[PDB]
Visitor: 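Here's one more: a structure with imatinib in it.
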Amino acid sequence: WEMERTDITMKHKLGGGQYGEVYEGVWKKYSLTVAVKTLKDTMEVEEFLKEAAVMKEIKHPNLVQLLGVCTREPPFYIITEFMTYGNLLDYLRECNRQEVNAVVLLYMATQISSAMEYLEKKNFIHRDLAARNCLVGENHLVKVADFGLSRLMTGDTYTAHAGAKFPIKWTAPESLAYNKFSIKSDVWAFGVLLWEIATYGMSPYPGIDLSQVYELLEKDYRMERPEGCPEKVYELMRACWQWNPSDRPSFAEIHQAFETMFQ
Ligand SMILES: Cc1ccc(NC(=O)c2ccc(CN3CCN(C)CC3)cc2)cc1Nc1nccc(-c2cccnc2)n1
């Protein structure tokens, strides 16, 4: 995975510095546009290296693709493919809804649940599954990613919980209550991500304050079916949001339900 900082031209920051220390670059060797995550320097060197190691272990059509890293000498790089249409959240808000119709929404959900079915089998845990962490390429190709948005991001999307920031409105109750993350809380976050897709990137639990979200989920409040969302997709959302993690379907299951539907 190692490669020459001589094979890479660092150009502008991607998405106007929304992704933090991540740069648009060219992989000279192949006249290729890449994304390069850099490191400041900060005492974040530990988690940056776990990250590269993890990425080495995973490969799937629907996971953002590692291409190389630069971790002998600073500056420390990690290098992936570059996705033309950018993050999914903005893509949905900005799209031609006649192009990105019902069938496309469904295709988008399918691909993500295939990426997740994969991490599941490899016993990985994403931990921050959301449209903002997905990328779109040509022909509505969607890849799941993880950009480390907790400390970058600008607003009430992430809120503080003991030196950590959690996106409350994506977070499974057991994770809010007991700090318990598992593939099942990924399943919960996928149900919220389903709702983002169906509302074309609306914010979840609109206007509901953060501090009442847990209490509402406990009293069994769930977000309504969006306008135009197939009932079986919504029933699936409803299963991802089962109170008990073990009552939640698996991404194997979800992917199968989504693969059938794709008709
Ligand atoms: C340049 C880079 C460096 C690292 C990563 N890392 C990941 O995307 C990633 C994905 C999955 C995991 C798996 N991991 C398992 C353990 N749990 C806890 C967390 C997730 C980890 C990192 C992506 C990128 N890609 C990236 N980053 C930011 C922006 C963009 C981008 C933006 C616009 C157009 N094209 C690309 N592309």
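Here the PDB entry sets the residue numbers for chain A, with the shown residues being 235-274, 276-498 in order. Basis for what follows: all heavy atoms, side chains included, without hydrogens, waters or symmetry-related copies. As the structure lists them, so they are numbered: ligands from 1, and atoms in each ligand from 1.
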Visitor: What is imatinib (ligand 1) bound to in this structure, taking the chain with the most contacts and naming it as in UniProt?
Guide: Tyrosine-protein kinase ABL1
Visitor: Please could you name the atoms of imatinib (ligand 1) that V256 approaches to less than 4.0 Å, counting only its heavy atoms?
Guide: 27 (N), 28 (C), 29 (C)
Visitor: Just jot down the imatinib (ligand 1) atoms closer than 4.0 angstrom to any heavy atom of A269, in number order.
Guide: 1 (C), 37 (N)
Visitor: Which atoms of imatinib (ligand 1) are found less than 4.0 Å from any heavy atom of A380?
Guide: 8 (O), 10 (C)
Visitor: What atoms in imatinib (ligand 1) come closer than 4.0 Å to a heavy atom of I360?
Guide: 15 (C), 16 (C), 17 (N), 18 (C), 19 (C)
Visitor: Quick one: most residues of chain A near imatinib (ligand 1) sit in which UniProt domain?
Guide: Protein kinase
Visitor: Hey, is imatinib (ligand 1) close enough to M318 that some N/O pair sits below 3.5 Å?
Guide: yes
Visitor: State the atoms of imatinib (ligand 1), each with its element, that fall below the 4.0 Å cut-off from a heavy-atom position in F317.
Guide: 34 (C), 35 (N)
Visitor: At less than 4.0 angstrom from any non-hydrogen atom of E286, what atoms of imatinib (ligand 1) do you find?
Guide: 4 (C), 5 (C), 6 (N), 22 (C)
Visitor: With a cut-off of 4.0 Å, which atoms of imatinib (ligand 1) are near a heavy atom of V289?
Guide: 13 (C), 14 (N), 15 (C)
Visitor: When only distance counts, is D381 in polar contact with imatinib (ligand 1), meaning an N/O pair under 3.5 Å?
Guide: yes
